[PDB]
There are 2 protein chains.
Amino acid sequence: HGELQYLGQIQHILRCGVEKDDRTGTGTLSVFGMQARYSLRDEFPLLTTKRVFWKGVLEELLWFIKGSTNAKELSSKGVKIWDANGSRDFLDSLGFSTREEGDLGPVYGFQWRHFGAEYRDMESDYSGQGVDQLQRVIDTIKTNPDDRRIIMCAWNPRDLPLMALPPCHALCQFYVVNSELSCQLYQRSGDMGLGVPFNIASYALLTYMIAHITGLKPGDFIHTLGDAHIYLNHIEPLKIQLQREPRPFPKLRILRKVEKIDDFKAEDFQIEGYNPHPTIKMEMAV
Amino acid sequence: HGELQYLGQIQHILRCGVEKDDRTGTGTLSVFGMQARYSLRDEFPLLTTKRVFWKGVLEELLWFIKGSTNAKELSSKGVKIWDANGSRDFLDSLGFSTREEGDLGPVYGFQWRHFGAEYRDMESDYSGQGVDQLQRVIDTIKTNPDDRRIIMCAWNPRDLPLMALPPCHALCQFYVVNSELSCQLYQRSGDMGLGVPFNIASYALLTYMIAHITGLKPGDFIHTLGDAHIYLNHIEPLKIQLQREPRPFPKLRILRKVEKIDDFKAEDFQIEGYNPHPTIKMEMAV
Ligand SMILES: Nc1nc(=O)c2c(CCc3ccc(C(=O)N[C@@H](CCC(=O)O)C(=O)O)cc3)c[nH]c2[nH]1
Ligand SMILES: Nc1nc(=O)c2c(CCc3ccc(C(=O)N[C@@H](CCC(=O)O)C(=O)O)cc3)c[nH]c2[nH]1
Ligand SMILES: *c1cc(=O)[nH]c(=O)n1[C@H]1C[C@H](O)[C@@H](COP(=O)(O)O)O1
Ligand SMILES: *c1cc(=O)[nH]c(=O)n1[C@H]1C[C@H](O)[C@@H](COP(=O)(O)O)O1
């Protein structure tokens with residue numbers, strides 16, 4: 001079904017992908033330019049050939065929406081996925097010695113809600129500052145769904161030098177037709193073993209959310225990869241996953257009627273019928 | 001061959017695309033999310049089922065590279081393609097009455113070379129201001145071709161309100177492997193009848209240029225569409241073009257060794273073996 005698109009890319013990268021060195025010191029097999037279409041109609045694409053950490057997914061999205069750039073605010077929810085890039089050693093290796101541990105800089109959250117804003121620290125008050133792309137999107141979908149410019153962009157050339165790690169999912173666009181909402185994302189860099197499974201579920205979630213607030217039904221989620229790679233220490237685990245057979249995707253039900261996107265809380269959502277294969281550990285390249 | 005990928009999209013949009021209204025008042029048949037891979041190896045993808053206005057293509061690219069945002073500077077080269085969006089009526093319909101005719105605002109050129117810069121007018125001196133993404137790319141390709149962040153982004157959330165028409169080709173990323181350079185582009189909006197044929201040739205040209213300056217051979221050009229559409233008054237002309245049979249793509253020869261990307265002049269290039277079908281007129285939706 002849909003999960004076959006992902007499994008296909010994993011295999012393609014493995015057979016043809018060229019070996020390439022990366023900034024983390026690990027090895028890589030990569031391909032440049034791919035695209036997969038995931039349907040959000042009566043199903044949510046949460047991989048089944050492996051049990052995905054749904055919690056961190058939901059928690060991360062929520063963390064993004066409130067415009068936070070502090071690894072600690074997320075680690076507080078039991079989702080440690082960003083701590084690594086917020087460490088003292090990592091911050092220092094980038095020359096951010098004066099920065100407080102946990103401050104990722106002007107990344108995802110900050111750009112979605114305050115693009116123009118002049119960044120200070122992970123604790124500054126930015127309200128009212130910069131452009132709020134998220135809200136902007138919502139309003140355009142509501143007043144003119146034919147608009148060919150419903151875009152949310154995290155890539156900010158001017159702020160790059162202060163980011164602990166530039167956006168991998170740097171740009172997404174929404175589209176409307178027949179009362180159903182679709183979203184496409186441009187991911188410059190894609191760690192097929194870890195981030196990608198997360199990424200896919202993260203945007204399918206965002207779409208559902210916005211579709212809810214706008215009174216539209218989810219359409220498709222187009223995933224576009226730039227540098228899609230499989231780290232060397234992910235090759236064996238992936239080889240096994242490729243052998244497992246997928247199951248039908250689960251469903252995402254929203255337990256309540258929400259008006260503003262900032263109202264959503266972890267409790268408002270619930271996954272149904274998720275029957276995945278056993279978990280698979282994979283080491284994140286730092 | 002390669003031109004078949006394009007012809008395929010035209011047909012797919014026609015037989016499966018949904019009718020959709022657009023900002024120009026014209027009608028539209030659209031699809032959301034597509035991708036085509038064009039090879040730049042010993043061939044330049046300049047459509048053959050129709051004779052493409054190569055001049056405007058080359059002239060436009062050059063116009064972009066020097067960071068100009070004035071329709072008149074291009075109309076001066078005999079390429080009138082942008083005049084329409086720089087008119088007084090159009091500028092005024094957007095509320096830009098105080099703006100001088102021809103000033104498109106902070107678009108393509110301005111963002112490629114001065115992303116951060118604070119826009120003034122199509123005649124202001126921006127040198128030394130904002131980030132120069134173009135040069136940035138060149139240097140990264142030269143010092144670390146494994147870099148997973150070689151990106152040039154025109155989409156600037158903060159400047160949007162001042163653009164006569166937001167970027168259609170809003171983001172592209174480069175990739176290197178085996179001494180050959182590839183480029184992928186994200187085009188949020190795609191007028192299949194006019195712009196797209198231009199767009200494709202425009203980026204294939206840019207790639208060739210950068211590959212030359214960096215001492216690499218062209219690889220592939222991945223074209224990714226967001227809202228790909230065929231305007232209603234383009235349906236009949238396209239239906240005929242779909243019936244014509246493609247010919248082998250021509251070759252792009254660079255008549256001279258160039259060091260800096262700003263040195264390139266229209267004369268440095270030459271197309272060879274271009275044998276296309278007769279021209280096809282199509283009215284641009286304003
Ligand atoms: N190299 C690299 N790749 C990335 O994708 C990345 C990111 C993106 C977020 C991210 C990081 C790790 C995991 C993750 O580790 N997931 C695991 C376990 C998660 C847990 O339970 O804590 C998984 O198997 O899904 C899932 C998502 C930040 N820094 C990164 N660096
Ligand atoms: N709706 C819309 N589509 C676009 O592509 C666009 C653009 C891109 C620039 C552009 C405009 C017109 C033609 C063009 O007219 N090309 C003709 C021949 C032109 C000539 O003879 O000079 C063609 O057949 O390709 C080719 C390129 C700006 N505003 C636009 N609005
Ligand atoms: C980044 C964040 C995300 O959401 N998705 C991802 O897969 N990644 C991965 C890609 C790469 O491994 C690393 C970022 O490295 P780089 O900046 O591209 O060099 O995280
Ligand atoms: C914009 C510029 C370009 O180079 N390529 C294109 O084909 N276009 C087209 C897309 C769309 O048809 C129109 C812009 O309209 P809108 O801003 O999306 O409303 O020009």
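Here is how names work: the chains are called A, B, and so on, in the same order as the sequence lines, proteins then strands, and each is numbered from 1. If you're wondering, the header gives X-ray crystallography, 2.9 Å. First listed ligand is number 1; within each ligand, the first listed atom is number 1. Reckoned from all heavy atoms, side chains included, excluding hydrogens, waters and symmetry mates.
- Looking at ligand 2, one finds the drug pemetrexed.
- Going by contact count, the macromolecule most engaged with pemetrexed (ligand 2) is what UniProt calls Thymidylate synthase.
- For pemetrexed (ligand 2), the other chains with a heavy atom below 4.0 Å are labelled B.
- Residues contacting pemetrexed (ligand 2) within 4.0 Å (heavy-atom distance) are B:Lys50, B:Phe53, B:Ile81, B:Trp82, B:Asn85, B:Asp191, B:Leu194, B:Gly195, B:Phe198, B:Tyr231, B:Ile280, B:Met284, B:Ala285.
- Per UniProt, the active-site residue of chain B closest to pemetrexed (ligand 2) (non-hydrogen atoms, rounded to 1 Å) is B:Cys168, 6 Å.
- Within 4.0 Å of pemetrexed (ligand 2), counting heavy atoms, one finds these UniProt dUMP-binding residues of chain B: B:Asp191, B:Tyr231.
- The PDB lists the organism for chain B as Homo sapiens.
- The model ties pemetrexed (ligand 2) to no chain through a covalent bond.
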